[PDB]
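Overview of a structure with oxamniquine.
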Amino acid sequence: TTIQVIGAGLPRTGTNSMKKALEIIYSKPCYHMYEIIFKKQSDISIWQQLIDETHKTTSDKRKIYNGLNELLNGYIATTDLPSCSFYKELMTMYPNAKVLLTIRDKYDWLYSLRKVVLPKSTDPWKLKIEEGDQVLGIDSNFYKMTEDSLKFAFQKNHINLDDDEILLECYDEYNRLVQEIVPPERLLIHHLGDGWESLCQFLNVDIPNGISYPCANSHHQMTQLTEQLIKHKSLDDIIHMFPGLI
Ligand SMILES: Nc1ncnc2c1ncn2[C@@H]1O[C@H](COP(=O)(O)O)[C@@H](OP(=O)(O)O)[C@H]1O
Ligand SMILES: CC(C)NC[C@@H]1CCc2cc(CO)c([N+](=O)[O-])cc2N1
């Protein structure tokens with residue numbers, strides 16, 4: 001059991017739905033940020049060490065490959081931040097794995113990103129996210145790892161993450177680059193809304209009979225989850241309000 005599909009799509013492009021879709025297709029687990037937050041928060045420091053390794057004048061690529069392989073043990077696929085930023089290293093490690101690029105309108109993406117993953121530093125919603133994350137046992141190291149992995153995906157050392165215009169152009173550049181460096185036969189570009197057909201064709205499987213394509217992880221749902229975590233101060237107490245999400 002090793003990686004068959006590498007999800008290179010950025011966060012907030014339908015990765016949790018793609019995660020669920022792949023788990024339906026393969027009946028084996030797919031990695032996602034939800035795996036880290038809700039199941040394995042100890043992975044945060046490991047991802048941080050790997051991203052830190054990339055910032056060295058001479059990076060130890062074998063250390064990174066071995067670290068990626070350990071993180072992804074028991075998974076059939078990976079999606080989302082932070083793994084998407086390592087899609088090149090994953091491609092090298094798993095030469096037979098196919099690559100998915102989940103994609104969507106860039107303006108909707110940015111809006112989604114600011115609501116969940118990367119608020120502007122002066123946005124009051126950032127404090128509500130933090131307070132909510134406190135309930136989940138998430139600390140400040142989490143934000144450093146996600147920030148560093150976005151910067152790593154965009155291949156930038158210095159960047160003003162509060163500038164929407166920069167993030168929009170980074171998004172387009174990122175998706176262009178994936179399309180440039182992944183051979184066409186090894187890549188499926190999956191637009192938000194595309195559903196089973198193109199995906200199943202690509203992965204050489206039939207469309208799941210009587211099972212609809214997943215639709216999960218809206219910023220509306222994430223805003224409500226943040227609100228409810230703050231109100232009740234317990235995930236277990238509110239999880240029934242979020243069926244089928246985690
Ligand atoms: N089947 C589907 N059709 C349309 N949008 C979908 C979808 N599945 C997920 N999404 C959207 O993809 C985004 C989440 O992606 P990710 O899981 O990578 O964080 C959300 O966007 P919004 O925040 O605009 O609602 C979510 O609503
Ligand atoms: C709602 C509040 C309690 N925070 C929890 C949410 C869960 C989904 C999520 C997903 C990503 C990337 O998919 C990131 N990210 O990269 O920062 C952060 C979060 N945070």
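For this chain, numbers begin at 1 and follow the sequence in order. Note that these values count all heavy atoms, side chains included, but never hydrogens, waters or copies made by symmetry. All ligand and atom numbering here is 1-based and tracks the order in the structure.
Including duplicates, the parts belonging to oxamniquine are ligand 2. Among all chains, the one with more heavy-atom contacts to oxamniquine than any other is, according to the PDB entry, Sulfotransferase. Checked against a 3.5 angstrom limit, the closest N/O atoms of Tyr34 and oxamniquine fall outside it.
For oxamniquine, the atoms lying closer than 4.0 Å to a non-hydrogen atom of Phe142 are 17 (O).
At a heavy-atom cutoff of 4.0 Å, oxamniquine is contacted by no atom of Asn16, backbone or side chain. Close N/O approach between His32 and oxamniquine is not found [any backbone or side-chain N/O within under 3.5 Å]. Remark: among candidates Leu245, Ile37, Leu235, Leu10, the nearest residue to atom 7 (C) of oxamniquine is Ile37, based on non-hydrogen atoms. The residue-level binding site of oxamniquine (heavy-atom cut-off 4.0 Å) is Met33, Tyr34, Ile37, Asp80, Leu81, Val117, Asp133, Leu136, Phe142, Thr146, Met222, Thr226, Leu229.
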